[PDB]
Peer 1: 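I came across a structure with saquinavir and want to understand it better.
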Protein chains: 2
Amino acid sequence: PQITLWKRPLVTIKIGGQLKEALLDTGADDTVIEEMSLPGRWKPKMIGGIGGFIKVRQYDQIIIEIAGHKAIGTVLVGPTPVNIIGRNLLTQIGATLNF
Amino acid sequence: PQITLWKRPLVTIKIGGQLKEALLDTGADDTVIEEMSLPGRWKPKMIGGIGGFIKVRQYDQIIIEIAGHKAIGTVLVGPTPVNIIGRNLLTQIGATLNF
Ligand SMILES: CC(C)(C)NC(=O)[C@@H]1C[C@@H]2CCCC[C@@H]2CN1C[C@@H](O)[C@H](Cc1ccccc1)NC(=O)[C@H](CC(N)=O)NC(=O)c1ccc2ccccc2n1
Ligand SMILES: [Cl-]
Ligand SMILES: [Cl-]
Ligand SMILES: [Cl-]
Ligand SMILES: [Cl-]
Ligand code: NA
Ligand code: NA
Ligand code: NA
């Protein structure tokens, strides 16, 4: 599938067995998910955006499904306003920007 | 043209007669450029993202070139750490997300 950008590119994801909505974000290096209970070991990290940095929990090797595609990689969990799928997982699902 | 996402999707832009580098950002609603003198009328705005809000100057109807593509639209000028091309201009240059 090919998405225009007239609306936010929101898709369904599954993480921790839960369905959620998230933004496909080519401008994000990392994947940041809103506060949730997620099993697995983690470590503290800061991540930055406009407005400055926030403290998150970094979980490595998390299995996530993104619009039906399975990916495994690092997921950051913390007080983001919007769930973001960034380039570390967009590359694993084969997403590209075309134009 | 197809851009893979193993690295940040940075392109060259021309704005105000000056060349700059900017990120093609499907997760951004708006286009945000670092502090610069830009001629024209503007009005203040606040925009938000991962670390909170920043104040910007909103300029409408700015002529901009993005990776060789002309566009005319709203540019926000303020203390972003990275120049961002968001969906208001990605739709004009014909970008789509393919996965
Ligand atoms: C630019 C504006 C119009 C404000 N839009 C947004 O910021 C919306 C806000 C939405 C709701 C909150 C959750 C994020 C989403 C997506 N974003 C866009 C989104 O694409 C945003 C754009 C951006 C890129 C670079 C630097 C700053 C801002 N990316 C990000 O917020 C990601 C998050 C991350 N760590 O992966 N930041 C970066 O990948 C990133 C890269 C380089 C940096 C250098 C110094 C300082 C900060 C840096 N942040
Ligand atoms: Cl780390
Ligand atoms: Cl299944
Ligand atoms: Cl200047
Ligand atoms: Cl002027
Ligand atoms: Na789906
Ligand atoms: Na106007
Ligand atoms: Na794909």
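Every chain is numbered from 1 and lettered A, B, ... according to where its sequence line falls, protein lines coming before strand lines. Every number for a ligand or one of its atoms is a count from 1 in the order of the listing. Computation of the quantities below employed the complete heavy-atom set of this structure, encompassing side-chain atoms and omitting hydrogens, waters and symmetry-equivalent molecules.
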Peer 1: In what form does the model contain saquinavir: which ligands or which chains?
Peer 2: ligand 1
Peer 1: Which partner chain accounts for the most atom contacts with saquinavir, named as in the PDB entry?
Peer 2: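 The main partner is Protease.
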Peer 1: I'm mapping contacts for saquinavir. Which other chains have a heavy atom under 4.0 Å?
Peer 2: A, B
Peer 1: Which residues define the site around saquinavir at a heavy-atom cut-off of 4.0 Å?
Peer 2: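 Heavy atoms within 4.0 Å: A:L23, A:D25, A:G27, A:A28, A:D29, A:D30, A:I47, A:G48, A:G49, A:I50, A:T80, A:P81, A:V82, A:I84, B:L23, B:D25, B:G27, B:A28, B:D30, B:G48, B:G49, B:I50, B:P81, B:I84.
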Peer 1: Could you tell me which atoms of saquinavir, counted from 1 in the order shown, lie closer than 4.0 angstrom to a heavy atom of A:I84?
Peer 2: 13 (C), 14 (C)
Peer 1: Mark up the atoms of saquinavir that fall under 4.0 Å of a heavy atom belonging to A:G49, in ascending order.
Peer 2: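 Per the distance check, 27 (C), 31 (O), 47 (C).
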Peer 1: I need the nearest protein heavy-atom contact for atom 27 (C) of saquinavir: residue, atom name and distance, please.
Peer 2: A:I50 N, 3.5 Å
Peer 1: Per the deposit, which organism is listed for chain A?
Peer 2: Human immunodeficiency virus 1
Peer 1: Would you say saquinavir has an N or O under 3.5 Å from any N or O of A:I47?
Peer 2: no
Peer 1: Out of all atoms in saquinavir, which are within 4.0 Å of some heavy atom of A:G48? Include the element for each.
Peer 2: 32 (C), 33 (C), 34 (C), 35 (N), 37 (N), 38 (C), 40 (C), 47 (C), 48 (C), 49 (N)
Peer 1: Any nitrogen or oxygen of A:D29, side chain or backbone, less than 3.5 Å from one on saquinavir?
Peer 2: yes
Peer 1: Are any of the N/O atoms on B:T80, whether in the backbone or the side chain, positioned under 3.5 angstrom from an N/O atom of saquinavir?
Peer 2: no
Peer 1: State the atoms of saquinavir, each with its element, that fall below the 4.0 Å cut-off from a heavy-atom position in B:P81.
Peer 2: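 Reading through saquinavir atom by atom, the close ones are 45 (C), 46 (C), 47 (C).
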Peer 1: Where is the nearest protein heavy atom to atom 42 (C) of saquinavir: which residue, which atom, and how far?
Peer 2: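 For atom 42 (C) of saquinavir, the nearest protein heavy atom comes out as B:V82 CG2, 4.1 Å.
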Peer 1: Return the residue, atom name and 0.1 Å-rounded distance of the protein heavy atom closest to atom 8 (C) of saquinavir.
Peer 2: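 It is B:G27 O, 3.5 Å.
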Peer 1: What atoms of saquinavir come closer than 4.0 angstrom to any heavy atom of A:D25?
Peer 2: 16 (C), 18 (C), 19 (C), 20 (O)
